[PDB]
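Check out this one - cyclothiazide stuck to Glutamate receptor 1 flip isoform.
Numbers restart at 1 for each chain; the letters A, B, ... are given by sequence-line order, proteins then strands. Contacts are counted only within the shown part of the entry, which is not the complete deposit. For ligands, and for the atoms within them, numbers begin at 1 and follow the listed sequence. Header says: electron microscopy, 2.9 Å. All values below were derived from every heavy atom in this structure, side-chain atoms included, with hydrogens, water molecules and symmetry-related copies excluded.
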Amino acid sequence: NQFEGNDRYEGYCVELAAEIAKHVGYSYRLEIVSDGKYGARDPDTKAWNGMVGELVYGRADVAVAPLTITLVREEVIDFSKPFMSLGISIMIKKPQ
Amino acid sequence: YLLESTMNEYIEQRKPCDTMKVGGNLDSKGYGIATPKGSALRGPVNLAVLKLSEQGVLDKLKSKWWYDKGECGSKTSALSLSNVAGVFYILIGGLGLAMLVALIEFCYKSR
Amino acid sequence: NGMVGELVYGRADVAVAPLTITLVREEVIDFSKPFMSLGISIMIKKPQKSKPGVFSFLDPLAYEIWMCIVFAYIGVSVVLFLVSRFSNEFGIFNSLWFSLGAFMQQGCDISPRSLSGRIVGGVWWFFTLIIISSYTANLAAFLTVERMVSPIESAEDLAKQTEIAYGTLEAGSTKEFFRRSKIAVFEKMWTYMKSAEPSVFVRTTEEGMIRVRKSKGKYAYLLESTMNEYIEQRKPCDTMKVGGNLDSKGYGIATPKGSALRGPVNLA
Amino acid sequence: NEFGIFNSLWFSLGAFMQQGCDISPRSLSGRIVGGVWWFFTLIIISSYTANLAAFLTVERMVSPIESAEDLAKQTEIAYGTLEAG
Amino acid sequence: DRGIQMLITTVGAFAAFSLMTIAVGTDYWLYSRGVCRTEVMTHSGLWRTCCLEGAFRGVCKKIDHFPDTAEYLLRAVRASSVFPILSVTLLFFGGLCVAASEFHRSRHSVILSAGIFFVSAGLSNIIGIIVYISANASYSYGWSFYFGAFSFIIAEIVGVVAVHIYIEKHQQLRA
Ligand SMILES: CCCCCCCC/C=C/CCCCCCCC(=O)OC[C@H](O)CO
Ligand SMILES: CCCCCCCC/C=C\CCCCCCCC(=O)OC[C@H](O)CO
Ligand SMILES: NS(=O)(=O)c1cc2c(cc1Cl)N[C@H]([C@H]1C[C@H]3C=C[C@@H]1C3)NS2(=O)=O
């Protein structure tokens, strides 16, 4: 509440967006996606939702979230080289 | 829960640390900076990411936001003193008791 | 020169080799998304399996337990003497002998007769039973346990010392990485490598592998983790990867800048 | 040198703790008591140190799942994912 | 041999007290890596942690002893350092009795009480060490630690000699 704008947030991707902006030489405002979803094409409507939807339809110019590189998404948006590796993993409650 | 390994690791490093990653990774992939198809930002962003990677910036950011968080920081092995400390407490307790009994048995026999 | 040269000058249309994605190369050729991850890593000649020490019989217990056993032994012996003189006989020398025999599970000529002497004796017997049982459990295992110790076991360790020479493949991504580095450790490493005579660099991975194998643990080869792992698994497997990875990167399928194959290759 | 109560207690304790004693029973009934107590001691102490060795060497707290296949094979644990991910 | 025994006792009592007081005061118990907070190689003691490398070399911060009943008790006992302090106290009273044995000779029990104080001081010391090491669960022990250990050894030697003095006294005056 004491802060306003892009300075309201912190985290890995916040600093990454800052550094990218520095290197590229542009100003930016961090808009949180409205849907709160990462991105998927609804098979019935064929509409992209979430961050991917926001990118495609023109409402946003970049996405600096933990957005996974996938074939379906690469067909509709451009991705840079990966900035972090990962895999699908299982999370279980630790026994006592 | 099936989630991405990065989030899984971050969660497992924070209280209430009752969750844990099991096994390996089901596949291998990565996050990318996205842009609209036919954008003019595509090339510069790619080059920026390469610069950031080669300069250790991404490494430092990862190390900062994952490892340094550490809300909870948690086959011939030597026994440690902590494993047997109880036997030492009993021992010194017993020596104390023996000295006490000896003073009594004295004072009783002195009177 | 090499594959990148061929791509730039138009001699080829694609490169499907283990070509590292780097900034300098990205400015002249178009890379795909990486198809394999790697990092820079250290290969050293596998050290000999160290035989356990002359004093390996101490190994089942931490040093601090041994120290505390010794103080406990003195404590018990002094308190025994004291209580007995307050009550052959338990002078200090015999108290020391009694305690030592109790601990070693031997017994000796004398046993306490007083109540306080018997309390001391009883708790020392109990202590002995717990500690000796714990010590003797796995003893033969500790006496026969070989542990290989790496000379360096880190990048910093390799930078600090000067007895082991370390090199790279030249005209490779790793050499370029070290040359253009700004990190303290890697700048130090490069300053060393540039000046070192004879040249620490090699022409081929096989060359570096042979150099580590024939240098009797005086050469450490800096190569990509994928090749390192592959080699370390092959016979005679007398090499070993030491420490973690110095960085993170990946191999990409290259194409000449402005190629028509760029998009299809990425999607493939 | 005789088996009054305090020396009886001391004899028994030494036998149990594997130390031995000043004194040993000489009568038949004393030796019956001593002999069964020696037997009891040998079983119980041996059981303690046998089983102690086991506790000092067990270190494999094995997870039920340990892999994807083990999650797929069972049906007691439900596993999900994030939507639109 | 009465003179030599009393010399050993008196010098020994002073030695043990000095060593133990230094040890409790000084901060070279443990050489571990850590942070003096304005990780780096530090030297710690019972009370303080202090840096040996960097810009903050010589900055020294108070230990947070408190960052299960058994765990709580261990933390409490470690925090207070009741056992090392009790060892210093008992060594103080032992030395006091040793001094008093020269003046008021009429009561023999004074030198015996010195003996009992020194023996007890050593037992307090052992408990201290065990609590210290147990609570700390790469590292190494420094010279303050070894001073505590040498204090234990000397205290036990002096306890033995004091008790011998009293025995010689009760064996001379009965006959
Ligand atoms: C004349 C004969 C003289 C007799 C001389 C006596 C010495 C013999 C041995 C004493 C063992 C010590 C007793 C150990 C008891 C520990 C109990 C304990 O700690 O219990 C924790 C509990 O399980 C909650 O977790
Ligand atoms: C010289 C003075 C005399 C001293 C004498 C005392 C020594 C006693 C020792 C051991 C008794 C153990 C005997 C236990 C044997 C019982 C089991 C058995 O024999 O068989 C079981 C059954 O027949 C099939 O299931
Ligand atoms: N440490 S990490 O896992 O966050 C991480 C992961 C990666 C990094 C950098 C870091 Cl710091 N860089 C690479 C990038 C550099 C060039 C090689 C692969 C891409 C382009 N992506 S990655 O291999 O996914």
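Copies included, the model assigns cyclothiazide to ligand 3.
Other chains with any heavy atom closer than 4.0 Å to cyclothiazide: A, B, C. In the deposited model, no covalent adduct of cyclothiazide forms with a chain. The entry gives the source of chain A as Rattus norvegicus. Within 4.0 Å of cyclothiazide on heavy-atom distance sit the residues A:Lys81, A:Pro82, A:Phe83, A:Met84, A:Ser85, B:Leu50, B:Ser53, B:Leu58, B:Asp59, C:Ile21, C:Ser248, C:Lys249, C:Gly250.
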